[PDB]
Amino acid sequence: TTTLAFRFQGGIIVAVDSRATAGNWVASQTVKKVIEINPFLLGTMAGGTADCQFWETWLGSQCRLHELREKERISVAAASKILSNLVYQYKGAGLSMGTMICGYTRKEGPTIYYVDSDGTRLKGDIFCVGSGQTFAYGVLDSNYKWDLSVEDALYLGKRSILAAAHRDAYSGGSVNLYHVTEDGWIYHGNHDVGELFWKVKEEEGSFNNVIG
Amino acid sequence: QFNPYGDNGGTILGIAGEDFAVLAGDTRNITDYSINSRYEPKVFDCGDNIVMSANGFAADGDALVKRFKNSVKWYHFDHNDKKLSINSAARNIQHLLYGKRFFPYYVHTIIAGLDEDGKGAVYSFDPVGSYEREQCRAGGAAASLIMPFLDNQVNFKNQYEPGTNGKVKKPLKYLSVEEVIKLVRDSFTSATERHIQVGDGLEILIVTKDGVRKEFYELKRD
Amino acid sequence: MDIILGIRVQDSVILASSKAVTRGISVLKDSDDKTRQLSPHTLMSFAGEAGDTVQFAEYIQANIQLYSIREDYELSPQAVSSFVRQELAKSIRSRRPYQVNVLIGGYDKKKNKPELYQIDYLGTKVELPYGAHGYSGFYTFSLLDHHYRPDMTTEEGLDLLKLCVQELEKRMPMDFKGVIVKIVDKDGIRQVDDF
Amino acid sequence: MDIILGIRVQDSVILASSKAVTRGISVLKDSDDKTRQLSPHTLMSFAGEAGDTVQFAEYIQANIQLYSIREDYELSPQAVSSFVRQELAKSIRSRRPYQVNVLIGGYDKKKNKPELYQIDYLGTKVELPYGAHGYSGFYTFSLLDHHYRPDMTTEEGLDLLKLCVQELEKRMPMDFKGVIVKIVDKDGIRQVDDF
Amino acid sequence: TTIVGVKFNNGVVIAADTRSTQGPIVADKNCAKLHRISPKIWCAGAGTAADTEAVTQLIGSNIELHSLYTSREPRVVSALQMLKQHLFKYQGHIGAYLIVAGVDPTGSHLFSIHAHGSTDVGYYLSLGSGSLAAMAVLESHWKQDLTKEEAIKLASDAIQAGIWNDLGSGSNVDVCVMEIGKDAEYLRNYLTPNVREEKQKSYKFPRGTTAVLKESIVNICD
Amino acid sequence: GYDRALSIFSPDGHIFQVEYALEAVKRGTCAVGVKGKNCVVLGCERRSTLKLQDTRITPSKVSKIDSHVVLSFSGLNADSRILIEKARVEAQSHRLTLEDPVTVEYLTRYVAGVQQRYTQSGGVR
Amino acid sequence: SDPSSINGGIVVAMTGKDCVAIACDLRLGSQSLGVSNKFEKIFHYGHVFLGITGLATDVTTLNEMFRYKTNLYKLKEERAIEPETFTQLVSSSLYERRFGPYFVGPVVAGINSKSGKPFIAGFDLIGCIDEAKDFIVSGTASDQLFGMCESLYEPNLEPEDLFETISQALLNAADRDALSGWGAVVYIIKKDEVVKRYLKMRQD
Amino acid sequence: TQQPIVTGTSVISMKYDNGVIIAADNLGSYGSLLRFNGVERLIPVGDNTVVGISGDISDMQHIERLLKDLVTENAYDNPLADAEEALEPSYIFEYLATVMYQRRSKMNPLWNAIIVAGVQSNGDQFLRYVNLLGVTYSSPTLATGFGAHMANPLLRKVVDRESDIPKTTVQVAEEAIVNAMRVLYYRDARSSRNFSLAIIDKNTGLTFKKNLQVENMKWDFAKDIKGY
Amino acid sequence: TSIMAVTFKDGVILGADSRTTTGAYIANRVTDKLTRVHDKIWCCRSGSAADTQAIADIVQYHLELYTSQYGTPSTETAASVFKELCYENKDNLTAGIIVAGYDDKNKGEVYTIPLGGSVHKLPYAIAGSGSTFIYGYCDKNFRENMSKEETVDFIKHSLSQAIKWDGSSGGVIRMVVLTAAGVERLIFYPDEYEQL
Ligand SMILES: *[C@@](C)(CO)[C@](*)(O)[C@H](CC(C)C)NC(=O)[C@H](Cc1ccccc1)NC(=O)[C@H](CC(C)C)NC(=O)[C@H](CCc1ccccc1)NC(=O)CN1CCOCC1
Ligand SMILES: *[C@@](C)(CO)[C@](*)(O)[C@H](CC(C)C)NC(=O)[C@H](Cc1ccccc1)NC(=O)[C@H](CC(C)C)NC(=O)[C@H](CCc1ccccc1)NC(=O)CN1CCOCC1
Ligand SMILES: *[C@@](C)(CO)[C@](*)(O)[C@H](CC(C)C)NC(=O)[C@H](Cc1ccccc1)NC(=O)[C@H](CC(C)C)NC(=O)[C@H](CCc1ccccc1)NC(=O)CN1CCOCC1
Ligand SMILES: [Cl-]
Ligand SMILES: [Mg+2]
Ligand SMILES: [Mg+2]
Ligand SMILES: [Mg+2]
Ligand SMILES: [Mg+2]
C-alpha cells in the first residue's frame, strides 16, 4: 500500500492506490482503500485488508449509533479514538493496520488522525502510510505549501501516489482521489496508472529514468 | 506436533456477464501426491440464486459452506422469507470468516449470482474475510496460472486497437454465455496441463433469472 | 518517544521532552507533546512502547482528575507519584504490562517546595534533584553532577537544560527533533514556546 | 556509514556522502569523508560494515593507482566499475565477504561524458542518471524521478541535491550530521566546502 | 517420477513416465528419463533431475573409456559399482535414484541404486514418487518366465498406474527393451494416452494488437 | 444473589415502590433551581433543628460533578452520594473517550438512566 | 533473503514456423525498491541467444563467463557455437558449482545455421536441461508465464503472429507479479535477420 | 495435541453393482513392535453399515463406544427403530464427521482415518471417508494409509468411474479387495496376514467375514536372488 | 533387520531375514543380508544398507589382497579389518555387523561388532532391531556343540519370533552354512516358519 492525506487552505486531500498483494503475487488492482463512513468522514486502509475493511466498516456503525444517540454528527477526534481504543484492546494479538481518519466538523475544522494497530493515535497535517509511504513523502513534502489551490492540491496528491506506485513494487493499479470540504467529501475519480503514467510523463516531462 | 490444517488442492473460477454469472471448479480432491476423489464437487447452490465455492482446506471449506447455507435458512425465518441479495450474502460471509480471525478458515471463497438490477455479480474473499466485487476471479491452486489469462481475455488488458499507435484501448463489452463457457473450458484445460493438483473433471454452475443450470466436462486424469 | 528530562531547582520543576514520533524509517511527526497535566500543580512526562504511553498517561490523568472533583482538593505530588508507582507495580505482573517510563514534576503547595519523581515501568520510584529515562541519562547525569547546584533559579535551570539538549544533539545517534519544555511552580504549569 | 547519493548531469557527476560515524549510543565523529579518489577523473563513495568499507576502498584505490603507473594511462570509469564489481562478485562467495556498497562517479575523457555506477555488496552493477544506497533511496528516488532532467547543469544538480538532503533531514530517524559533496567533471575532482 | 524395470526370458525391459515437475507445476510434459550408459546398458532416473543426468553421463563417459581400454563390451556391474561408490562418497547429497539395467557378456541384469549408495537386485523394481502405485501392479501381475511382449505390457501397465494415480507422474510412457543377442530398442513415446483436446477457440490476435515503442534491426553478423 | 422483584405493578397500573420513593423526596429539604439570561442558580434549604453543627466539614447540599456542571437534590442523603459518585465517574469517562466534557443534557440522561434501572432490576429499591 | 527473488525478473522463449522468439522484462530491484528500468536479461553470442533470470550479480557474472567461453570456442573451432552445443556448455558450467550454485534460471534460444531448425531450452540453477518444442519460461512470474503460454500458444506461427503471442504472454504475466515489469524487450529471430522490439507496458 | 501410541494400518473399500465391500487387518502395532494380534478394526452399526477405522486404537475404542451409544439413543421413544427410522449410513457418517472436525478445532484430535461403508434405505451404495482433520470425501474406491498408495491403483482398474459400478459384480469386487490385501502384506511393514472383510448388499444384506488370511503368495523367486 | 550367527560342532551357520525398509514401506522384501567377504568368511549386515555394503566391499578387497600375499586369512583377521573401519569411522557409520567364518584349525568362530566398533568373540551372536525380542529365547535355548539340524532349527525358530514381533523384519529366512564340506545356501518361506 501507499496512502496519503494532507491538510491545506481549501480543506483535506486524500489519495490512495488500489493494489492488494499476497507476497509477490498481485492479487487485485481494483481495491477500494478509502472507506466512506458518512458524507463528512473518510477512513484510509493500509496493512491487513480484512482487519482494515472489517474494523473500519464497524467504526461506521459506531459513528451512526453516536449520531442516533446524541442527535449530532460525531467529531473526528471521537471517531478516531473509538478505533484506536478498539485496536489497543487487541494489542499483541496480531492485528495489522495503518489507518487515517479524515473529516471536517464545525468545532474542529478539517482534521486528520493517524491510527495504527499498536495503538498510536496522532493528530497532524500531513501523513503517508503504507509500504510506499517514503516515496509519497518525498514528492509531497518537497512540493507542499499550505496555500495550494484545490486544483493543484488534487494533482499533488495524485502525483505522490504515482511516484510511489512507480517505485514501490507493492503499490500500483490506480489512484483514487477525495477532497474533503466544509460541505463534506467529494469523489475525484479513479485514475488508472496504465494511462496516467504516460500522460504525466509526456505533459510534465518527468520520469526520465524510464525508456520513453 | 499436531497440524490442524491441510491442503486439498483444486482450483475455482468465477465470471460475470450482463444477465448471467458462472462459477466453475474442478472436481479433483487431493492430499500430498495422492488423489482422494476424481469427482468431489465443491461448487454449491445455496439458494436465492447464490452459488458458492470455498477452495483450499476442504474441511474448513465444507464447514463454511455449511454455515452460510444455514445462514440463508435463518435469514428467511427472521425476515419473512425475504430474498437474500448477493451483496448482503457477501457481507454476511465476511463476518463468518472474520469471526475466526485468530484461527482462520484456510480457504479462498468465491460466490456468484445476480445483483438487484438483474446484472451478473461475482464476489471473492480472502481467508479472514476481506471481499470485493469483480467481473472476474480465479481461486485456488492454479489461480496464478488462470488469472492473468482472464485479465487478457475478459477485461481485454494489454490489448489496443490495431493501427491506433497503442493510444486507443480495445473497448470493454459483455460476453455471451457461449463465449464465457469457451473461456472457462480453455482456462481449465490449460491449468490441468501445467498444474498437478488440477484435473479429472470440470463442473460449471450457470446462474440466470430462470435459475441455476449445470454443465459437466471431462478433464485429463493424469 | 525517547528523550525525557527533569530538573528540580530552588522554586520550580522543569520537564523537557522530545518532539519526534518515529515509526520504521519515517519520522511521522516533529511536534509531539509527550506530557499530560494530572492536576494544576502536577505534570507527568512519559516515554516507552507505542500506544501504551498515551493510554497509560490518560488513564492516570482521568483518575487524578476524578479524585480532585470528589474531594474538591488537589493531591500532593508525593501522593500522586505513589499512586502512579502502585499502578505500574500492579502492571508489571499482569498478562500484558504497560511498557511506560514516567517523570512526575510537581509543586507541593503545603510545603512550598518543588518535587521531581522518576518512575520506571517496573514501578521503581525515586525522588531526585534531576532525572532522565532511557539513554538520555548516560549523557545528562554526569553533566548535571558537575554543573547542578541546589539553590539555582528557574532561569539558571533552563540554561542548565540547554546544555543537556546541546550535548544530546551532538552525541545521540537519532534525530529527536528538539524538545518541548514546561515549568511547574507555585503558579502552576506553563510552556516555554521558544526553545 | 549510512547515506551516499549520486547524480549524473549534463557535464558532471556529483557525489554526496554523510559525515557521521556512529557506534552504539555515541556519534564518535561528525566530519568523516566516506570517499576515495581512484584516479584523477574517478571517485568512489562507500557505505556498509565497519572496517570493511575503508579496507575495501583503499584496496581498490591501490590497484587502480598501480594500473595507472604501469600503463601510464587512466582507466575509463566503465573499466574501473567492472573491476570493482568483479572484486565484490568474488567476495560474496568468500569465507568472509566484504559488506560494502559503493557508488562510482567518473568522467570519461574519451567520450566526454559523465558516468555514474551503483554497485552493491553482491556485485550488482547498474549505470544510472541518479543513484543511492541503503534507506536513502526510499526517499530520494521518487523525488528525483519528478525533478530530474537529463540536460541539467552542475548548479542545477546541486540544488536538486539540496532538495534530497533536506528531505532526508526531515524524515530520516537518525542524525547523519550533514554531507560532504564532491564534483567529478572534465577538470577532475573537487570538494564543495559550504553545504 | 514413476520408473520401473522388469526381467524376462532373454533379457530385461525398463520404462518411465515423461513428467518433470517444479513443485506443483509441470515444467516438462514430455521429458526423457531413460538414459544410455552404453549401447546395451540403460538407466532410469528419479529424484533430482540434474543429478541423475550428470551422474549418468559421467559414469557413461568412464564406462566408454573403460570399454576402449579393456577391448570389451561393458558390464552392468561395472556401471553399478562406479555409480554406488560415487553416490556413497557424497553421502546422499547427490539425489540420484536409479534403476540400472542391461545385457552384457555375463548375461542380463537389473539393479536399483539409491542416493546414499545402497544397491538392490531383483526381477522387478520400481523407484520414484509413483513407485508404490507401480509396485502394486508389479506385485499383482508379475510372474516367472515372462515373454518379451508380456514384460513390455507389464512394465507399461506399472508406469500407467503411476501416470493415473500419482500426481508426480503423467503424460507418456517411454520404454527400452534390452534383449540378449540383439540391439537394444529404445521406444520413445511408446504410449501417448494424454493428448490435449482441441481448444474451443483460436487466440490468434489481429495484427497490431500489441502497442510498440521502438523497432530496430539487430546485427548477428560479424 | 438477592433476586426479589421489589418494584412491581399494582392492579391500578402503579409501581408503589417508585411512588413511595417520591414520598421520600417530599420529606427532604427544599431545593430550587432558577436559570437567568447568563447563569443558573441553585438554592437549598438547611433545617435548623441541628445546632452545634460543624459547617466546615458537613457534606454540602450542592455537589460538583465536573468543573462545569453541578447537582443538587432532595430526599435521602445517603442515596444521593451513590448517584453523585456514578455521575462523577461517567463525567471523567466521557472526557477520556470523546475528548470533550459532558453536556448537561447527557449527564442528566445518564443519571436518569441509573435511576430508571433501579426501578426494574431485581433485588434493589 | 531468498537469492532468486531479491532482484526479480522474467524471461520467456517460443518457437514458430522457421523462427524463434525470446523476451524479457527490464526491472532490477532490491526487494520492494525498484532500482533500474534498463536491466536487460537477454544476451547473445553470435546467433545463439541466452536469457538469464534470478540474482542479478550472477546474471552479470554468467554473461561475462559465457562470452569468455564462446570467444575461446570460436577461436579454436573457427566457427560460431550452435544452440544445441551452447546448451550443453551452460549445463556443464552450472553443475560445476553443484554445492555453491549460481542462483539463476537461464534460457537458450536460437536457430541452428546448418539444419535451419528452431531450438529453445531451459535450465534450473544447477544445470538440468529442459528442452521443448513449444515454449520455455523462467523467473519470479514463472507460474503466470506457464498459464499464459499454455493457453495462448499454437504451433507453426508466422514471425509477425508469433511476436503478438509471446508479447501478450509476457506483459500479462508481468502485471500479476510485483517484482517483474518496468519495461520489456522481445527478440524475433529468423534464419538470417533478427528484429528487436521494446514493448509499451504499465510502469507500476 | 496428541501422539498416537497403539495404531492400526490400512482400511480399504470399494463399491460394486449391488453394494459395498470393506476390509482391514487385525493388527495393533506399538511403534515397530507388532504388539496386539486380535484387534477388530471393522465395527458394524445395525445391519446396513460398517465403520472401518485406522490410526490410534485407544481413540478407536472411544469411537466404538460412541457408535454403540448412538444405537441405544436412536432406539429411545422410537417404534420404527428397526424399520423406517433405523440408523442410515449417512446419519452415522455425518455424526462422526461432525465430531472429528470439532475435535481438530479444539486442537485435541481423535487420531484416526475412518471409512463408513453401507447401503441406504432406497438401495443406494454409501461410501465416504473422514479423518483427524475433519476432511471428508467420497469415491468409487476409498482407502487409508498405505492402502491409499497401493490399493486404490488396483481397485481403480476395476471401477475407474461411476459407469463402471453397475458393470462390477460382487465376485469380481471381492477378488480385487482380497488381492489388494495381499499386496499390502508384501509391502507394508506394519501390516499382518490376518484380516477381516465385510460385504453390505442391497439384497443379501450384511455379511461379516472374520479370520481371513492372505494366501497364494509368490515367494519362490527369492531363492534365485544372491548378494546385492 | 533380524540377524544371527551360531557356532556348532561342524562349524558355524549365519541367518537373516530379507526385509529392507524406508520408514514403514518395504523397499525390498527379498534382500540378501548374508554376504561373502571370503570363500569361508561371511558376514551379517544390520543398520544402514549403504554403509554396510560399502564396508563389506572394502573388507572383501582387503582380504582378497591379503590372500594374494599371505594366503587364507583367519576369521579373527577378517573381524579386525571390519573393526578398524567401524571404529575409525564411528562418527559417520550406522553398521551392526556379525562376522562368521570357518577355519580348519579354529573351526567355527563368531565375532560381533556393534555401533561403537568394539569386537566381541562369542559362541553365538544376535543383532538388528528384531534381536531384542529373542534375547530371552536364545539364551534359554542355545547349547554348545549342537548338530547341523539342531542349529538350523535354533536359528529358524529364533528368527521366526524376531520376524513375528519386529515390523522391521520379515520376508524369507536366508541361511548360510559354513563347514569343512563347503558352503551351503538355505531359504525358508513364510508359509513354513510363520506357523512354527
Ligand atoms: C499494500 C498494497 C501492500 O502492503 C497495502 O498495505 C495493502 C492494504 C490494502 C489491501 C488494504 N495490504 C495488502 O495487500 C495486504 C498485505 C498483507 C498481507 C498479509 C498479511 C498482512 C498484510 N494483503 C492482504 O491482506 C492480502 C489481500 C488478499 C490476498 C487480496 N490477504 C492475505 O494475504 C490473506 C490474509 C492474510 C492473513 C492475515 C491474518 C491471518 C491470516 C491470513 N492471505 C492469503 O490469502 C493466503 N494466501 C493467498 C495466496 O495463496 C497462498 C495463500
Ligand atoms: C517425478 C516426476 C517427481 O518425483 C521424478 O522423480 C522426476 C525425475 C525426472 C524429471 C528426472 N523429478 C523431478 O522432476 C524433480 C522433482 C524434484 C524437485 C526438487 C528437488 C528434487 C526433485 N524436478 C527437478 O529436479 C527440477 C528439474 C527442472 C524442472 C528441469 N528441478 C527443480 O525443481 C530444482 C531442484 C534443484 C535442486 C537444488 C538443490 C537441491 C536439490 C534440487 N528446483 C528449482 O529449480 C527451484 N528453484 C526455482 C527458482 O530458482 C531456484 C530454484
Ligand atoms: C533392519 C531393517 C533394521 O536393523 C536391518 O538392519 C536393515 C539392514 C539391511 C538393509 C542391510 N536395515 C535397513 O533396511 C535400513 C534401516 C535404516 C534406515 C535408516 C538408517 C539406518 C538404518 N534401511 C536403509 O538403509 C534404507 C535402504 C534403502 C531404502 C534402499 N535406506 C533408507 O531408509 C534411507 C537411509 C538414509 C540414511 C540415514 C542414515 C544413514 C545412512 C542412510 N532413508 C531415506 O531415504 C529416508 N526417507 C527419505 C524420504 O522420506 C522417507 C524417509
Ligand atoms: Cl542391502
Ligand atoms: Mg510499483
Ligand atoms: Mg494435472
Ligand atoms: Mg509488475
Ligand atoms: Mg514382521
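Here is the naming used below: chain letters follow the sequence lines, and residue numbers restart at 1 for every chain. According to its header, the structure was obtained by X-ray crystallography, 2.9 Å. Numbering of ligands and ligand atoms starts at 1, following listing order. Heads up: this isn't the whole entry, just a piece of it, and contacts are only counted within that piece.
At ligand 1, the drug present is carfilzomib (bound form).
In the deposited model, the macromolecule with the most close contacts to carfilzomib (bound form, ligand 1) is named by UniProt as Proteasome subunit beta type-5. Other chains making heavy-atom contacts shorter than 4.0 Å with carfilzomib (bound form, ligand 1): A, B. Rounded to 1 Å, the minimal heavy-atom contact between carfilzomib (bound form, ligand 1) and the UniProt active-site residues of chain A is with A:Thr1, 1 Å. This PDB entry assigns chain A to the organism Saccharomyces cerevisiae. For chain B, the deposit records the name Proteasome subunit beta type-6. Note: carfilzomib (bound form, ligand 1), covalent bond at A:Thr1 OG1. Binding site of carfilzomib (bound form, ligand 1) at 4.0 Å, heavy atoms: A:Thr1, A:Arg19, A:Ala20, A:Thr21, A:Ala22, A:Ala27, A:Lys33, A:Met45, A:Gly47, A:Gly48, A:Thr49, A:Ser131, A:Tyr170, B:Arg101, B:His108, B:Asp126, B:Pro127, B:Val128.
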